[PDB]
Undergrad: 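First the structure, which I've put down as structure tokens, then a few questions once you've had a look.
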Number of protein chains: 4
Amino acid sequence: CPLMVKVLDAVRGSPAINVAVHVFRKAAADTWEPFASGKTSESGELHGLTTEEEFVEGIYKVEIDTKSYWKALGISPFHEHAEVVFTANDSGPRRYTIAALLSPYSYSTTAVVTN
Amino acid sequence: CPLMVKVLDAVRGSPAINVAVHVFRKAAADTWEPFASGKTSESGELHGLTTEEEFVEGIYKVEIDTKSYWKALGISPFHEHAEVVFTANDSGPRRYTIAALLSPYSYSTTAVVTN
Amino acid sequence: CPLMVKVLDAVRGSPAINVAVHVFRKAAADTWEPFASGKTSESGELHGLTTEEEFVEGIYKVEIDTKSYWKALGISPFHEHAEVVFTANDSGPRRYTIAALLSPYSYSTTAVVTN
Amino acid sequence: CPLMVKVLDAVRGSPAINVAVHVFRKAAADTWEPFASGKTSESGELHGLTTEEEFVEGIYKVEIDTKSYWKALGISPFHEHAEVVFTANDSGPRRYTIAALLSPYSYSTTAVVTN
Ligand SMILES: O=C(O)c1cc(-c2ccc(F)cc2F)ccc1O
Ligand SMILES: O=C(O)c1cc(-c2ccc(F)cc2F)ccc1O
């Protein structure tokens, strides 16, 4: 699993469950093409987005649908979504964990990249 | 000044100086139109992006050019840039400060909205 | 003002107002002696804690009374307080800003050190 | 495993390996008694600190030795350590993950609490 997304809720101290995630890959025409999508599990994790074969070098955008998450909890948050844009696999295949920690008016994102 | 941007460097414990910032407004055609831009000052702040008259309700994107910042310091970063996407709402007089704290493999962003 | 404290609220997107802050200096007997204290202002800032003459090199602890802050808002928090422990060094003229961003189950702290 | 500690490095985008962690529990005499200690693994995680039987209700302090970690990497960081102080098990037994994300002049900590 070369690309995993993990989302946590800083208000409740819990995984952020059922968060929609959309991944895009930049195409030669300077356009974002849909690449993979899913929702976080009860553990706040989203596995199985892609395979080593399909996850080639490129610029990828991970959009985490934070506004939909907060609204379902009755909170009107500031951001529309969190976007994580990065070059992947430019030095060869790597495994990427994109983690996000969410509050209504703030979020943090970190990448853990392993060989 | 209804919209200000402040950027900090978590590696050096300093304002992030000379960081390029581009602001876009979402247009009816589902496209990002350039709205304002600048570079952060010696205090890490970018003032004067817009006016009360021009900063109407809508969806805005603030792109912070973090990759160039780390490259100028000789540090290998993860993200292409940091993107902050939000709706501006007329809920009474408001000032929006978009703050970002930068590390090579992580960033956090918060909105401070005051009257 | 060589030492300033700034506190933000990541749930409301606002300065954290009326937060008690206590500063201690490490004494030779491996004990924390009270040094300065106050409450954050309407801007979330606490100025005037010390002077250049009194703020000598040493180990300092800044305790931010986060639990009382969340309790006043009716939100159940995790931490008893946030603690920031650091050495102050005479590396030339310096001003220290200790910033903290608060959520019920998470906080971040950064030092901005400027000349 | 009712108490686990996870540490990440925001400069390298990696687990923070070999980070020393000391846990203390507040005793009736208003004193911190040593409770457990260990070092993070190659995955940045520290398991096996305590048992359900020994991890009773109380106020606990988790000290993460961040300064020693950064110095071994040739970085002089701002903080002496990160301290996480919290009441545990006051509503019955819970499982606690204390996560910390480290940069030289900044850190963030979050708790994930599950039943
Ligand atoms: O940038 C973030 O999203 C972030 C993430 C963590 C964190 C990382 C990994 C993990 F397993 C748990 C966490 F809380 C802790 C703090 C933080 O700011
Ligand atoms: O999410 C962020 O960008 C963030 C910002 C701050 C911060 C905000 C405002 C300020 F004047 C100083 C700061 F360190 C402190 C911590 C933090 O995580």
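By convention in this document, chain letters (A, B, ...) are assigned in the order of the sequence lines, proteins followed by strands, and residues within each chain are numbered from 1. Just so you know, ligand 1 is whichever comes first in the structure, and atom 1 is the first atom listed for that ligand.
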Undergrad: Wondering which of diflunisal, aminoglutethimide, ticlopidine, desvenlafaxine shows up at ligand 2 - can you check?
TA: diflunisal
Undergrad: List the macromolecule sharing the largest contact count with diflunisal (ligand 2), named according to the PDB entry.
TA: Transthyretin
Undergrad: Who's the nearest protein heavy-atom neighbour of atom 16 (C) of diflunisal (ligand 2), and how far?
TA: C:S108 OG, 3.2 Å
Undergrad: Any atoms of diflunisal (ligand 2) less than 4.0 Å from a non-hydrogen atom of C:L8? List them with their elements.
TA: 8 (C), 9 (C)
Undergrad: Quick one: which diflunisal (ligand 2) atoms are inside 4.0 Å of a heavy atom on C:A99?
TA: 12 (C), 13 (C), 14 (F)
Undergrad: Can you find a protein heavy atom under 4.0 Å from atom 6 (C) of diflunisal (ligand 2)?
TA: no
Undergrad: I'm curious, which organism is chain B from according to the PDB?
TA: Homo sapiens
Undergrad: What atoms of diflunisal (ligand 2) come closer than 4.0 angstrom to any heavy atom of C:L101?
TA: 1 (O), 4 (C), 16 (C), 17 (C), 18 (O)
Undergrad: Looking only at heavy atoms, is any part of B:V112 under 4.0 Å from diflunisal (ligand 2), and if so is it the side chain, the backbone, or both, or is it neither?
TA: neither
Undergrad: Which atoms of diflunisal (ligand 2) have any heavy atom of B:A100 under 4.0 Å away?
TA: 3 (O)
Undergrad: For diflunisal (ligand 2), find out whether one of its N or O atoms is nearer than 3.5 Å to an N or O atom of B:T110.
TA: yes
Undergrad: If you take the residues UniProt annotates as binding L-thyroxine in chain B, which of them have a heavy atom under 4.0 Å from diflunisal (ligand 2)?
TA: B:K6, B:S108
Undergrad: For diflunisal (ligand 2), which part of B:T109 has a heavy atom less than 4.0 Å away: the side chain, the backbone, both, or neither?
TA: backbone
Undergrad: I need the residues around diflunisal (ligand 2) for a figure - heavy-atom cut-off 4.0 Å, please.
TA: A:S106, B:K6, B:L8, B:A99, B:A100, B:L101, B:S108, B:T109, B:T110, C:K6, C:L8, C:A99, C:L101, C:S108
